[PDB]
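Overview of a structure with olaparib.
Starting from 1, each residue takes its place in the sequence as its number. Only heavy atoms go into these numbers, but all of them, side chains included; no hydrogens, no water, no symmetry mates. Heads up, header says this was done by X-ray crystallography, 2.2 Å. We count ligands from 1, going down the list as the structure has it; atoms in each ligand are counted the same way.
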Amino acid sequence: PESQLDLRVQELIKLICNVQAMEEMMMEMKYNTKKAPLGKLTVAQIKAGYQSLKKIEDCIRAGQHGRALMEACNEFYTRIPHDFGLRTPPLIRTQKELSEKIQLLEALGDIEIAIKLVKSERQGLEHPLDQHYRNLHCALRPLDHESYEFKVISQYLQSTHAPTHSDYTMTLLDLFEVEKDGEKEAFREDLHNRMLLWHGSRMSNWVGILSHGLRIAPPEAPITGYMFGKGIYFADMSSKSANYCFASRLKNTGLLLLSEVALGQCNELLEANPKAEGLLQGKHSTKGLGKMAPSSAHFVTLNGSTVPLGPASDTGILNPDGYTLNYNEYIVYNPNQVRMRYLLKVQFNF
Ligand SMILES: O=C(c1cc(Cc2n[nH]c(=O)c3ccccc23)ccc1F)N1CCN(C(=O)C2CC2)CC1
């Protein structure tokens, strides 16, 4: 039969459920899509991968950068097959190298969800796009370009583009209202400091993110791979999140998520600290302080959340003991402090 979805929702579904596009992104992360096919991805395989990354972290923390690290890394590479051709497999020793493999394990986890969704099939009663959309359990409502909502989020996106991210501009192609099943029932409405904040992710992750929500990293993952602990990270500057779309000149279409974030009492921090969650003791979120952020003067309100609009003003924060974050980032440690609201289809103009 024919599809009953809006044509804009149809395009969105085709975009995020493109398994072959997921194949391409993984091959660009030096992952072996043939020896270990994304159709044969198991939660247990990804689980063992996280555990291998933890053993690597143990070696780095212990200074054991010889045999032990070599064998630890080889265990990760055996559980998570890589395709380096004739290159020798590289040792994982810095935090950034650790984070890179966490991102890969995250994308594999969200591809596992997406492949399971697309593979669940009916026959000739519903259009395939309609069944994928139903299986999402997340309503996606196309908003009108001339509508008022398009106007406010466009200014949010353009006016919070950071000036140090000058290699690209962004054009808003389409706007969707998001209502994931159950998120509104779980949301901590009692908490104050509710803001509409950004979250960017690779194109492979959206099916998993929309269907399961933004989630807390598993216990077996190495804690040092998360600069402010195992939580859910947002920015008030659109481009800082948009960097995490990992769009390229050739794949210059990505998605940006806007979410209501029940920040409550922020535990404000200057530098990173993977153990930041233990330092909350009563407070509800971590705020990493940046030298630049939208000013309280331009803040507005949308559906009960503070939209930190306006051009970014100089904040005045400076870390004397070390690196100073260029822009804010907020971290909550429970998904019930997050309600997804808007999905932006964004063209990156490099
Ligand atoms: O939000 C994060 C996260 C993101 C990042 C990078 C990031 N990604 N995207 C952003 O918009 C952003 C904004 C400010 C600062 C960081 C970011 C780093 C550590 C993190 F724990 N998550 C970690 C991965 N997520 C998962 O659901 C996996 C399944 C456990 C989603 C929640």
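The chain forming the most contacts with olaparib (ligand 1) in this entry appears in the PDB entry as Poly [ADP-ribose] polymerase 2. In this structure, the binding site of olaparib (ligand 1) at 4.0 Å (heavy atoms) is formed by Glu106, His199, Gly200, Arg215, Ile216, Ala217, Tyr226, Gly231, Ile232, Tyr233, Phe234, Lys240, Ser241, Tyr244, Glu329.
Closest protein heavy atom to atom 22 (N) of olaparib (ligand 1): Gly231 O, 3.6 Å. Interface atoms of olaparib (ligand 1) facing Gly200, defined by a heavy-atom separation under 4.0 Å, are 8 (N), 9 (N), 10 (C), 11 (O).
Among the UniProt-annotated NAD(+)-binding residues of chain A, those with a heavy atom closer than 4.0 Å to olaparib (ligand 1) are the following: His199, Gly200, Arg215, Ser241.
With hydrogens left out, the protein atom closest to atom 14 (C) of olaparib (ligand 1) is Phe234 O, 3.6 Å, a heavy atom. Among all non-hydrogen protein atoms, the one lying nearest atom 17 (C) of olaparib (ligand 1) is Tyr244 CE1, 3.5 Å. Nearest to atom 1 (O) of olaparib (ligand 1) among the protein's heavy atoms is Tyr233 N, 2.9 Å.
In the vicinity of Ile216, heavy-atom distances shorter than 4.0 Å reach the olaparib (ligand 1) atoms 30 (C). In this structure, chain A contacts olaparib (ligand 1) chiefly via UniProt domain PARP catalytic. Those atoms of olaparib (ligand 1) with a heavy atom of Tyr226 less than 4.0 angstrom away are 21 (F).
Here is the list of olaparib (ligand 1) atoms found below 4.0 Å of a heavy atom in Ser241: 10 (C), 11 (O), 13 (C).
For olaparib (ligand 1), the closest UniProt active-site residue in chain A and the least heavy-atom distance to 1 Å are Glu329, 4 Å. The nearest protein atom to atom 24 (C) of olaparib (ligand 1), hydrogens excluded, is given as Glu106 OE2, 3.2 Å; this is a heavy-atom distance. As stated in the entry, the source of chain A is Homo sapiens. Residue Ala217 has at least one heavy-atom neighbour below 4.0 Å for each of these atoms of olaparib (ligand 1): 30 (C).
Scanning the protein heavy atoms around atom 32 (C) of olaparib (ligand 1), the nearest turns out to be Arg215 O, 3.3 Å.
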